[PDB]
Amino acid sequence: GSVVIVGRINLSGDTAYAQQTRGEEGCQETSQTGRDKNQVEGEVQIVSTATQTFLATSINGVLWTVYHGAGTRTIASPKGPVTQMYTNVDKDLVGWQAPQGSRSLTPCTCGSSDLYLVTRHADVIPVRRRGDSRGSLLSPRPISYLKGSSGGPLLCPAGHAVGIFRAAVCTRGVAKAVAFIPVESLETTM
Ligand SMILES: C=C[C@@H]1C[C@]1(NC(=O)[C@@H]1C[C@@H]2CN1C(=O)[C@H](C(C)(C)C)NC(=O)O[C@@H]1C[C@H]1CCCCCc1nc3ccc(OC)cc3nc1O2)C(=O)NS(=O)(=O)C1CC1
Ligand SMILES: [Zn+2]
């Protein structure tokens, strides 16, 4: 079945917080039809498949996420299933067209190396950029704390997107760094 939107990570007002906008029973049904009537808002969504929950990010008219979450699934829209606009397995990438209601982020051009990852829990965790696809956390966390966050953006200190969270670098079960698909790598895909 189709990937379904089931909430959003908000940074609209002042505070960073999750907003579940759908329940579970009524997930495994919209995922049958792919007709999502529910109101969608803003940049960072929570989407789910039957088995998994993870994030997805809109940057200039494309809702991006990870292929390792979404597989080759359509997404649910008010008009039916919306086919993937972009599907790179190697990168771990999947793009659809930005769903209706949404906002979209602006792609980062300031080349700052201070960044901010956004987990499914509404935590905006500091990350110092460390080259190409990678960043180091200022305060390491256990892996489990970040599972379900793939698809969320890394932001720069002015609101723009630098990439999309892909994987976490762990030893001992502890994450001191992460792997993301940089924005330069997205428009290359387009
Ligand atoms: C903090 C959680 C973290 C963000 C999450 N990502 C992962 O867990 C990924 C998925 C998988 C293993 N991942 C990892 O993070 C591992 C892990 C040991 C688990 C820390 N880390 C790791 O390999 O480190 C190595 C240095 C990097 C080398 C690069 C790794 C390659 C990345 C990757 N690519 C592809 C492309 C296609 C695939 O086809 C199906 C599959 C893939 N799988 C991949 O990695 C997540 O939250 N997921 S999620 O939301 O819970 C789930 C619902 C969706
Ligand atoms: Zn920037």
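In this chain, residues are counted from 1 in sequence order. In listed order, ligands and their atoms are each counted from 1. Values below: all heavy atoms of this structure, side chains included; hydrogens, waters and symmetry mates excluded.
- Given amphotericin B, etoposide, clorobiocin, tariquidar, grazoprevir, the drug or candidate at ligand 1 is grazoprevir.
- At least one heavy atom of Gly148 sits under 4.0 Å from some atom of grazoprevir.
- In terms of protein heavy-atom proximity, atom 9 (C) of grazoprevir is nearest to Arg166 O, 3.7 Å.
- Ligand-side atoms of grazoprevir in range of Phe165: 1 (C), 3 (C), 4 (C), range being under 4.0 angstrom from any heavy atom.
- The backbone of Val89, and not its side chain, has at least one atom closer than 4.0 Å to an atom of grazoprevir (non-hydrogen atoms only; backbone = N, CA, C, O).
- Atom 29 (C) of grazoprevir is not flagged as protein-proximal [any protein heavy atom, distance under 4.0 Å].
- The protein atom (non-hydrogen) at minimum distance from atom 31 (C) of grazoprevir is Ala167 CB, 4.7 Å.
- Considering each of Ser150, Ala168, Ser149, the one bringing a non-hydrogen atom nearest atom 21 (N) of grazoprevir is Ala168.
- Annotation: atom 44 (C) of grazoprevir to nearest protein heavy atom, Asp92 OD2, 4.3 Å.
- The nearest protein atom to atom 1 (C) of grazoprevir, hydrogens excluded, is given as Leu146 CB, 3.3 Å; this is a heavy-atom distance.
- Of all the heavy atoms of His68, the ones lying under 4.0 Å from any atom of grazoprevir are found in both the backbone and the side chain.
- Site of grazoprevir with heavy atoms closer than 4.0 Å: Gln52, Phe54, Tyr67, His68, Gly69, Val89, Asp92, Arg134, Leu146, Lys147, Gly148, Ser149, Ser150, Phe165, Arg166, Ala167, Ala168.
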